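The next PDB entry has raltitrexed among its components.
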Amino acid sequence: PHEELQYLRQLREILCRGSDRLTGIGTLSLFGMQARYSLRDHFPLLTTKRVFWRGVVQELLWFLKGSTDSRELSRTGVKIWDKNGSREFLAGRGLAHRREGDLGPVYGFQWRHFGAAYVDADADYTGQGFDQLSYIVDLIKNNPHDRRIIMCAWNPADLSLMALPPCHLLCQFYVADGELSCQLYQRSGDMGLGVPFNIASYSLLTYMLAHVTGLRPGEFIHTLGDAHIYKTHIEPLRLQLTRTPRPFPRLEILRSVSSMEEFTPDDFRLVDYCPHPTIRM
Amino acid sequence: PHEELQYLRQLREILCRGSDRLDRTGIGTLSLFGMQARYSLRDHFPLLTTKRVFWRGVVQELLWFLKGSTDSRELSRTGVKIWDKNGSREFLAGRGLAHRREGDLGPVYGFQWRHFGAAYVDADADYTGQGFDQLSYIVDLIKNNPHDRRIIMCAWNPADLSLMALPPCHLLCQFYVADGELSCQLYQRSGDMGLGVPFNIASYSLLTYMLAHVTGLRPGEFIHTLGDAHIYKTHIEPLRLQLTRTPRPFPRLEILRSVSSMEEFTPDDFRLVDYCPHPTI
Ligand SMILES: Cc1nc(=O)c2cc(CN(C)c3ccc(C(=O)N[C@@H](CCC(=O)O)C(=O)O)s3)ccc2[nH]1
Ligand SMILES: Cc1nc(=O)c2cc(CN(C)c3ccc(C(=O)N[C@@H](CCC(=O)O)C(=O)O)s3)ccc2[nH]1
Ligand SMILES: O=c1ccn([C@H]2C[C@H](O)[C@@H](COP(=O)(O)O)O2)c(=O)[nH]1
Ligand SMILES: O=c1ccn([C@H]2C[C@H](O)[C@@H](COP(=O)(O)O)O2)c(=O)[nH]1
């Protein structure tokens, strides 16, 4: 039974039993969902519609950098954070005095410098705040059965400095039988666009962490809070609800990388990815 | 089907195929990673019946949390001693926390809920207007923007971990409103299925009843998401016994008078009817 059917059943449920609720734009939604994806023999990149894999990779490395600069992601060809880094959008957020591309203390800053005072995207933060990436990497290496291997992006005190508050709040990691697993808690999930993307991101993070630590990829567990469908997306989502999953691709890591920071997009080969055609939403 | 059978199934799964691990202090647990159970709050209250749950503790401890107290001496005064061991002068010394008055647990749940991001100095100090008051934040959201997808309270603060007596188990809870009902999901990084988890279920269910009462809504669903779900090997025998017990119907919870603020609840506003658990083990 294909694991992608979990995602497809969740879609089907939200569309059929979801709550119909409206500030700006309207959605169908359910609350509390969990799905499991094996990482042992394949990589759970959804096949019912093509997922922007190039975006997935560039954005994770950009996160892992600690960068909060939407321009630096943009330079690589990935424009998904650009609407949010415009001086116009920032102004609308009451953050007008930002330079272009300064998103505030978003994921990268929270992952590498939690609790630090944010100044701007160009400030040097070395040795400031709590480095969560170094923290979990050390625990996975030297104390793998620890129950506190967590990386959290939710920092309520920093919300008003943020262009957009984080959706995927925290990940926890788990080690058993030489396998590295990961649970992601996502407060909010757009099933039409974000959620396939998000599944891929944290699955990737786990492959990367597994590699760097000498472990094999295990399970990725996806726990949603608000799982929702935007109503404008209903006829394209019914389209994808008709399609049968193709087998998952595999993910190869093309070289020895000793540090989470030394990865490059060319270290990853996506083998045998054959999605159905892209659906625009 | 009776909801407690979710918990008991989880017990059995862990006992049957759980992973046999040791910590770096040598103690053995069986554990599994990634679990979710749903408990209805509408017609009843999910206080577990196959073993008696310390309900007096549940109530006093939560009221204690909601006040922002990080003083174990205060909870202990009520006759509830569950945090006394962690508050002892010797425990804190064992943690490497000198200059600590007895009962000073550090920036734990209460401090995080009320003053997230604030500079902790001590349990007696006064933090008014320091940090981010998450409790007011969520009560406000549930009242004035119930469909917000960021109705979050979080206790995981990486920067404060070395200052805490114990690191938080309940990382965060999220709330959700639909069709006149308040719902809640909790992310728990670590659950002792033997002692902690029944208690923990009662705690956040109770919190949801209180929030529902204060905001003019009916208790909806409580979703319980776990990370490391485990059983200490020493308790396997009493748990075998527990698993033979047939669950009895859940009690109910009546809130006596009208309470207008989350801070004005007293242990007396709560009527538990009728809790008839199998004998304690
Ligand atoms: C309403 C909303 N839903 C989302 O899913 C969402 C996601 C992000 C960030 N994110 C995690 C994204 C992942 C993928 C994206 C995207 O734009 N994909 C395009 C592909 C672009 C292209 O043509 O190359 C798409 O397929 O529409 S955006 C930001 C705001 C959002 N807003
Ligand atoms: C290893 C471990 N497991 C736990 O479950 C745990 C729980 C807490 C805090 N906690 C969340 C607790 C919930 C319930 C508790 C308890 O001891 N209840 C007693 C009541 C004692 C009495 O009635 O006098 C009991 O149920 O027997 S303690 C602290 C450390 C822990 N440590
Ligand atoms: O990584 C992401 C980022 C955003 N979103 C979606 C979820 C919501 O539909 C919207 C964010 O809006 P709020 O939930 O923050 O209001 O974008 C995702 O699914 N994944
Ligand atoms: O509210 C609580 C507090 C603690 N624990 C348990 C979980 C673990 O067995 C232990 C905490 O140890 P660590 O997870 O921190 O190692 O206590 C709970 O189940 N619930």
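Chain letters run A, B, ... following the sequence lines, proteins first, then strands; residues in each count from 1. Start at 1 and go down the list; that is how both ligands and their atoms are numbered. Both backbone and side-chain heavy atoms feed into the values below; hydrogens, waters and symmetry mates do not.
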Point to revise | Ligands or chains of raltitrexed | key: ligands 1 and 2
Check your understanding: If you rank chains by contacts with raltitrexed (ligand 2), which one has the most, by name in the PDB entry?
Key -> ORF70
Practice item. Provide the letters of the other chains having heavy-atom distances to raltitrexed (ligand 2) under 4.0 Å. Key: B
**Study point:** Location of contacts on B:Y232 toward raltitrexed (ligand 2), heavy atoms closer than 4.0 Å
**Key:** side chain
**Study point:** Species of chain B (entry)
**Key:** Human herpesvirus 8
Point to revise | Selection from B:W55, B:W83, B:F54 by shortest heavy-atom distance to atom 26 (O) of raltitrexed (ligand 2) | key: B:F54
Point to revise | Numbered atoms and elements of raltitrexed (ligand 2) in range of B:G196, under 4.0 angstrom, heavy atoms | key: 5 (O)
**Study point:** Close N or O approach (B:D192, raltitrexed (ligand 2); < 3.5 Å)
**Key:** yes
Exercise for review: Using heavy-atom distances, let me know which of B:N86, B:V58, B:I82 sits nearest atom 16 (C) of raltitrexed (ligand 2).
Suggested key: B:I82
Check your understanding: Which residues of other chains have a non-hydrogen atom closer than 4.0 Å to raltitrexed (ligand 2)?
Key -> B:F54, B:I82, B:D192, B:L195, B:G196, B:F199, B:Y232
